[PDB]
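In this structure, ZK200775 is found bound to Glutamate receptor 1.
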Amino acid sequence: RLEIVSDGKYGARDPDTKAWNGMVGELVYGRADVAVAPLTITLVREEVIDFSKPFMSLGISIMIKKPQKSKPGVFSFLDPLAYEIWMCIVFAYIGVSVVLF
Amino acid sequence: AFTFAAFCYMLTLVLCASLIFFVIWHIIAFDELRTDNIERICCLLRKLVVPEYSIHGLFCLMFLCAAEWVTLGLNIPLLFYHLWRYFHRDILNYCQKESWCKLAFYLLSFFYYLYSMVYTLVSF
Amino acid sequence: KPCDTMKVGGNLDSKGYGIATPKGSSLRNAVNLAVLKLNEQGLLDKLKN
Amino acid sequence: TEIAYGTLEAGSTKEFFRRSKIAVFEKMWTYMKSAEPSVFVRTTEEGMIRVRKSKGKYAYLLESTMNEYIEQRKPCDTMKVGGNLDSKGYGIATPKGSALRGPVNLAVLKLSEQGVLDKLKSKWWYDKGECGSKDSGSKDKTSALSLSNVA
Amino acid sequence: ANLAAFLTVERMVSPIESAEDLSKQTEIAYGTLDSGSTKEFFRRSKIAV
Amino acid sequence: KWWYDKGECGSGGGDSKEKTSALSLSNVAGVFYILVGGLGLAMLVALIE
Amino acid sequence: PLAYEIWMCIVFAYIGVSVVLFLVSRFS
Ligand SMILES: O=c1[nH]c2cc(C(F)(F)F)c(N3CCOCC3)cc2n(CP(=O)(O)O)c1=O
Ligand SMILES: CCCCCCCCCCCCCC
Ligand SMILES: CCCCCCCCCC
Ligand SMILES: CCCCCCCC
């Protein structure tokens with residue numbers, strides 16, 4: 001029969017009193033016979049409780065924000081020159097033309 | 001988005017508008033002969049029909065490379081009618097009915113490029 | 001050498017290399033705890049590096 | 001140093017970095033120990049939305065299984081990169097000195113050998129993801145210039 | 001500009017990234033050991049890939 | 001450990017620190033001054049001629 | 001340096017500009 005632990009934690013040896021908390025506590029004190037759950041195998045736990053072979057391996061991984069597609073703008077070709085340059089070119093274009101006339 | 005077929009539908013709007021002026025000028029040429037030198041109006045008609053048929057040849061060629069075969073089917077029967085003009089090379093009432101359908105066909109298909117292009121650009 | 005090849009893709013199946021111990025021997029209750037201590041201390045990772 | 005990486009406020013990861021005598025992990029611990037912004041989150045979900053809101057500025061360090069589930073079974077705006085730093089392992093337990101350890105251990109090794117645990121993992125982590133696997137075939141980075149750049 | 005950016009820096013990517021990807025392209029002939037753990041594992045495999 | 005490890009910045013980290021530099025009129029104004037100077041000189045010799 | 005989708009767009013834009021210029025130089 002499957003039942004969830006009331007504490008909702010895995011628990012370890014408390015620093016004040018030598019009492020195991022969580023699922024490992026109910027196992028040592030005889031409150032449970034099997035604890036099938038994600039439980040990291042450590043030294044302090046195995047020293048008091050029995051463990052089986054690891055049914056799943058893991059490790060400390062890195063999680064970063066997924067870079068989006070970054071769709072460039074419609075006028076992306078106007079990036080190498082600033083907006084001030086493009087306008088100054090047009091005003092210099094008409095200025096040279098009027099002077100040439 | 002930005003696809004090769006979306007750009008082909010954009011060049012059609014600029015080119016099909018020029019085909020509209022040709023079929024309109026043809027009706028004006030037919031109306032002038034109906035009211036009534038005569039070789040001038042007919043020779044000018046021969047110079048106008050050649051670009052109208054060659055421009056439509058690009059419409060059947062641009063969409064062929066654009067993989068838009070659902071639009072090619074709307075232009076193949078138009079190109080097949082051009083073959084009858086080149087194979088054979090009263091007539092006033094026949095040419096009048098053979099020109100009013102051109103204005104309606106070149107306009108109804110013109111609105112397709114005005115809408116099928118939007119069905120691809122904003123659909124990114 | 002000459003490092004002309006490389007590894008690509010993740011591990012498909014994950015099995016472990018365990019330290020053997022005779023059945024009737026009483027060394028399992030010691031080697032298990034010792035291996036767990038060495039794994040928690042980060043010594044196996046440094047030895048592999 | 002442009003991206004600040006943090007871990008759980010009180011967890012096994014913080015205790016591991018505090019006792020890691022590795023030059024690769026030592027410099028990371030001294031950086032995370034002194035930092036003006038918050039480099040430690042109490043709830044793993046609060047750190048998750050912090051990564052999604054940082055947009056390439058906060059790299060959360062969590063376990064592999066929780067990272068793969070939060071990437072697949074959630075709206076995938078973040079991804080997992082790189083291999084595992086350390087090596088751990090789950091496992092079902094049994095009271096000290098009980099007759100339910102031998103046959104139980106043999107059943108775990110039998111299930112892991114017959115390819116059952118790999119099937120159950122691929123079903124609950126990939127076959128039931130939130131955003132799914134959109135375009136499973138990874139689109140190679142085209143070196144050529146796209147059309148939208150000169151549109 | 002793009003041709004100058006090409007010859008400046010090179011970015012060679014691997015033709016494959018995982019085992020589930022090469023099983024669909026089927027363009028690279030991959031081989032395993034004759035008799036061992038890999039052959040026995042690929043023999044009795046329930047997954048489709 | 002006490003001088004280089006406990007440092008605020010890193011030499012190996014900020015090696016390149018390259019960023020996309022968008023050009024502006026701050027460094028291009030050198031050719032605009034000559035452009036107007038050429039027009040003023042051309043209008044001057046035109047009036048003298 | 002240019003994707004195959006751009007090379008197909010340049011040729012048809014070239015012929016398009018050419019036929020547009022020819023049509024403009026015809027009404028006159
Ligand atoms: O025995 C333990 N089992 C654990 C199992 C899990 C998981 F199964 F992944 F949920 C996690 N998480 C991984 C990342 O942080 C959020 C939850 C931590 C565990 N911890 C460390 P604690 O929760 O700080 O005690 C244990 O000590
Ligand atoms: C943008 C297109 C405008 C077309 C305007 C046409 C005006 C025609 C006036 C003369 C009509 C004569 C009919 C016999
Ligand atoms: C950036 C908005 C203004 C772009 C002007 C482009 C002008 C090109 C010809 C000088
Ligand atoms: C906002 C700038 C508009 C420029 C239009 C084209 C001028 C030659």
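Below, chains carry the letters A, B, ... as their sequence lines are ordered, and counting in each starts from 1. Just so it is clear, the values below take in all heavy atoms, side chains as well, and ignore hydrogens, waters and symmetry mates. This depiction is restricted to one part of the PDB entry, and every contact reported falls within that part. For ligands, and for the atoms within them, numbers begin at 1 and follow the listed sequence.
Tracing ZK200775 through the model gives ligand 1. Chains with a heavy atom under 4.0 Å from ZK200775 (ligand 1): A, D. Applying a cut-off of 4.0 Å to heavy atoms, one finds the binding site of ZK200775 (ligand 1) to be A:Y10, A:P38, A:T40, A:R45, D:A10, D:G11, D:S12, D:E63, D:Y90. Lab note: no covalent bond from ZK200775 (ligand 1) to a chain modeled. At a cut-off of 4.0 Å, no other ligands or ions are listed near ZK200775 (ligand 1). In the PDB entry, the organism given for chain A is Mus musculus.
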